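The structure to be discussed contains Taxol.
Throughout, protein chains are lettered first and strands after them, A, B, ... in sequence-line order, and every chain is numbered starting at 1. FYI, side chains are in, hydrogens and waters are out, and symmetry mates aren't considered; it's all heavy atoms of this structure. Order of appearance sets the numbers: ligands from 1, and atoms from 1 within every ligand.
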Amino acid sequence: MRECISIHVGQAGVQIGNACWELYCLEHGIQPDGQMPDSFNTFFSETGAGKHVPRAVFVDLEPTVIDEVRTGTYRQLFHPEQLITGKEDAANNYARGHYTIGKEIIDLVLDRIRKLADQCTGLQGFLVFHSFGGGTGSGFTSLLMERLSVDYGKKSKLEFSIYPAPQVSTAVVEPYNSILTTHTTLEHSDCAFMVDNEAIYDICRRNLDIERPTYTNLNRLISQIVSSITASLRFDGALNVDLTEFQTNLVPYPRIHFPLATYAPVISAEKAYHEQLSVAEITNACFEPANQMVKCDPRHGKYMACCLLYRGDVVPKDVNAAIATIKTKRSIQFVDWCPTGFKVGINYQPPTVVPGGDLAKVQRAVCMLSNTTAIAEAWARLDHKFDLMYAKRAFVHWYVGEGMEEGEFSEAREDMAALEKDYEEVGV
Amino acid sequence: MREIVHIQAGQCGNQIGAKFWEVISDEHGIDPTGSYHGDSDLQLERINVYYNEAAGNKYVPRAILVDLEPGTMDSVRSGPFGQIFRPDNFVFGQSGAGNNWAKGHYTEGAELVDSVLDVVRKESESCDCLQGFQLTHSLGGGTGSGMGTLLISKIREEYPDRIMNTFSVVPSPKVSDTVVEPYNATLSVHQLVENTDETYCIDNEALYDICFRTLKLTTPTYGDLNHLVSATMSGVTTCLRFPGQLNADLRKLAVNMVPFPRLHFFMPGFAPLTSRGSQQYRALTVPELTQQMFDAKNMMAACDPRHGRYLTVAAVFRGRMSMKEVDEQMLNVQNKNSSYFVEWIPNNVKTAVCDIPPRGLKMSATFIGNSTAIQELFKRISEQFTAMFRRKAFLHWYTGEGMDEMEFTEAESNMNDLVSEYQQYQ
Amino acid sequence: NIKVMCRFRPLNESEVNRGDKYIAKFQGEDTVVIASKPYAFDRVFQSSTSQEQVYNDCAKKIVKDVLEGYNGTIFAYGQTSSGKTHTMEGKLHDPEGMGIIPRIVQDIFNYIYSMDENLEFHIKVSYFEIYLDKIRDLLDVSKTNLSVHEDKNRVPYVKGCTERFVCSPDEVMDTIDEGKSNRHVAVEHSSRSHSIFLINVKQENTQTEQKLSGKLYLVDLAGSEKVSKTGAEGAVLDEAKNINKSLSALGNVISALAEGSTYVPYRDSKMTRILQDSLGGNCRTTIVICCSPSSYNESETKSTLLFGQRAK
Ligand SMILES: CC(=O)O[C@H]1C(=O)[C@@]2(C)[C@H]([C@H](OC(=O)c3ccccc3)[C@]3(O)C[C@H](OC(=O)[C@H](O)[C@@H](NC(=O)c4ccccc4)c4ccccc4)C(C)=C1C3(C)C)[C@]1(OC(C)=O)CO[C@@H]1C[C@@H]2O
Ligand SMILES: Nc1nc2c(ncn2[C@@H]2O[C@H](COP(=O)(O)OP(=O)(O)OP(=O)(O)O)[C@@H](O)[C@H]2O)c(=O)[nH]1
Ligand SMILES: Nc1nc2c(ncn2[C@@H]2O[C@H](COP(=O)(O)OP(=O)(O)O)[C@@H](O)[C@H]2O)c(=O)[nH]1
Ligand SMILES: Nc1ncnc2c1ncn2[C@@H]1O[C@H](COP(=O)(O)OP(=O)(O)O)[C@@H](O)[C@H]1O
Ligand SMILES: [Mg+2]
């Protein structure tokens, strides 16, 4: 069988998971109580009385957001032992989430994951949702990833992260946590997807015509992307591509594994009409520099490989025509050592609409994941911020009072520099 | 779960605390008798932060009231909400401090601090997970300054891994009621700068200015001042007892706001503030709250932020609002006023959003700031201290209790070093 | 001015059987290359270096200066099994194996035995430790929470510390042994608290009626610990946190002094407050960092070299 285990660590991860699991329940016809009045085994397991329990683990060092989950409208969906909470949070500190407060609920989450993995035959991989720049999402994720790599090893790990934006920011100590966690995510992850909130704000404003968005809209978009990724495992169609095929067609060298995601069409109900919304029109919109979910224009870079995923009413002839038209253009550059740079997948299941949402009922959609050399701009900005703050050694006393030496900062900065010089040298 | 123990010292602290407890009880729907008459579950969801349960659905605050005279005690006990406090938590003596720092720190406060520590230790061992301590006092008096300083030292020695935040009323330049205020203020800062995690600076002059100008009040009394202070105290820790889109705790605010250990002196603020008869003409939106918060004439400390640069700013929001608007406002505030922010720290602002507004409002916000303009307060206190200390005036009231001139010189040097620390980043 | 020296040690027989490899490559006389990364110091010794050369290039000028009424400070940083004790104690009686402290006392008393008869000398010795941010006296265990105060000339000092008179090198060695008997040591012989030694040499000329006072500080620092790779729980973790914070504060003070900063944060730790008079101004301070060339100890050597480089 084909099954996935999802981990939602931190506030951002828990909220994204709320969106994701509402979406999956609506997709598979499962009521919030686990009763539906075989396409769900990837994300649900039967209990013998008709109830379905998600293969999810929710983690946080603070008892607040998980408590909202525990008394909300999905309180009878989750196993009470899957939602794990602590006493005091990491307080925007990597070290607190890594060791001092991390080494208290780590064994519990490990035991829960081991229990979940034993109840599934064909494990396919892990789906980890967290946030760079926080305490728990950066520190507890490093420890969790280290142990899982030690324990399971051969299974794939896919990470969905929130990266700091170039201008908009929430915390003051975000660069430190981001640098340390991006040093941790190189060795243990197998494929990393980064999305920043500023790009999604821009997408919401321009396309959906909402002037005052909140976190819920962002989480709905991210859930749509993840569902498009897992549709091939869940449902059936022509040219279905699973996790290992994505990895073997998207990662040229072992360290170059940081793709950029995009979705199309993000249209409103009013503008849903008055538009053809064909295969070619959807495909062309996935290469525009304003529809990217990271603040980086791919025109300042070269593509290496891209995997295109179609769900709905799509025919392969149209995909071939769209690929040919994209290949004709000049503003889109491909590296000279990848003459064939596309992986095509089609699924017959159209996207599902959620009540009380902004997206319109479309008949087809795409989700392009591409790894370019243009992903090194955001890293450069974050490194500049980090070095500016670290020259004066501000806020470093908070990190060393929790058992962290002062050489970790230099080591992580060196690792980031090495990674950037790789993405530059492989580009040429 | 993240409980806070509250201590009130002196007349000013006790009165501010009484107003604070009335406000908090109103927010949580608690009757004066200790009963619950609310209308929502979120009121009772996190009541353990500030209240202790009792038999038959009764709630007693986790407050400890300490003084050297019984007059404030029996003024508080007979008020509207005097029946809510535990009678065993009133600790008082009979001979007052007499506006003497030395007396309350060495002679009379030493014979009363064992009882206060006993009640604190009993109260703190009944907590499932302690988060920190709160102290309300005044630096310019005798019992507040000396006794609160001694209590802070003892508590920090006992619990060294906990938050200690204080709301200290600081002597004002143009408004004064004591002749020996500079001595007490200096000797109190000399200890606050070492045994505290984050101290909020308040002065009566700024509160009077707010009341006279913004609120258009005719005859303000201490009730209004204590009410403003209680509003900011409630706003600081709103994320410890209600849900929200972004959560910030006390340790989070300390981590983001304190770059170096000494620099932990803040100037609070609140929004909205309008006058009756002028609320119908004003629209309440996030831009209005942001505009009022960063105004120089809204801070509760008698310092002008334009005479200095912000090191960090913390903004805590209450209500239903968009995150895009908050981020945009907090970015354009820095972009438009780049000359008032430190250059080597990007993103000087931290944002927290809670989803339950104060009763009777749609939106609200509290402002915590860390600016180099706080150095002028210490400069005025030091000027007055040196003027009075050259002649050794009023100094035999202190050396008669067991003090020394070397203590005065050490406190002066510590204040000067703090001023030199802040002046570097200007 | 601040001088930073780095001394290495030869690989011992107990680790020559494990096939451990030398990692250090020496360029000239002021650099060491580890993992293809240069590390520049004022002078870098090698394994063939002798004790006398270390004394002549590290502590002779300070000893001569203190005798002229000035002040000086000598630090000593290293991980366990890195040569710290050999470089700053060595064989207590071997003329070719003695370290820095016995040589200093030898020179200081050879000066007295050769300076006329109109000069009177008195030597004061203090010895205390800093454990969990608390000053403790190693010559009298009764005192455990001493405090730091100031005199009229804002020169900080420790109030209540035991200060005893000595008249021969044997007495100084005896008091050093007595002090080391009560230092907090982990279960091979790892130190968990900083140790400070004060030798006060005051001379008064009877004829000219001129008085000179000099204080010499010898600090034995504890090493930083990476907690995530050790598994610290309980008191060990608290000690590790305190040590890391104190070492970072000392680095901040030294960097501020070297970069010519207007403000030097002497008040961010107990230790830097004590040494306010003997660190800045016209005082000579040297830092001796000891490392090992084994491949098994690459990370600790890197940490020590980085701490030494922080001084600059
Ligand atoms: C019709 C209407 O909207 O009336 C408002 C009002 O007019 C204004 C002017 C209120 C009013 O406040 C004052 O006049 C005031 C008096 C003394 C000290 C400080 C303020 C108000 O009294 C105060 C009151 O505030 C609250 O209800 C908050 O929950 C507040 N409550 C208390 O302070 C409180 C008072 C008595 C008993 C128990 C609690 C609060 C604020 C922060 C944290 C917790 C609670 C409000 C909105 C109003 C009135 C009634 C006129 C203002 O104050 C507050 C704290 O909201 C003054 O500027 C604001 C703006 C408001 O619009
Ligand atoms: N998309 C999305 N991003 C969020 C959300 N909440 C916080 N973030 C982002 O996450 C970062 C802050 O990290 P958090 O996840 O809130 O912190 P944490 O992981 O809970 O760690 P601690 O609270 O410090 O213990 C900021 O960049 C926020 O913009 C959310 O609900 N949705
Ligand atoms: N806000 C407020 N300030 C007060 C109150 N009473 C006194 N103060 C201020 O506190 C300072 C005097 O200290 P006080 O507390 O009266 O002396 P103590 O009783 O010995 O601690 C002066 O600056 C007063 O303006 C009060 O009820 N409310
Ligand atoms: N530079 C050196 N040359 C020769 N031997 C050395 C040197 N440094 C250390 N040793 C040997 O190491 C042994 C123990 O070292 P020690 O002083 O205990 O280090 P630490 O105190 O850091 O554990 C000594 O017996 C000494 O012979
Ligand atoms: Mg959180």
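- Within this structure, Taxol can be identified as ligand 1.
- Within 4.5 Å of Taxol, most heavy-atom pairs belong to the chain that the PDB entry identifies as Tubulin beta chain.
- Lab note - other chains with heavy atoms under 4.0 Å from Taxol: B.
- Among the GTP-binding residues UniProt records for chain B, the set within 4.0 Å of Taxol by heavy-atom distance is empty.
- Binding site of Taxol at 4.0 Å, heavy atoms: B:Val23, B:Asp26, B:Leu215, B:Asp224, B:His227, B:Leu228, B:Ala231, B:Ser234, B:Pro272, B:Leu273, B:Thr274, B:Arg276, B:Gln279, B:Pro358, B:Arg359, B:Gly360, B:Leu361.
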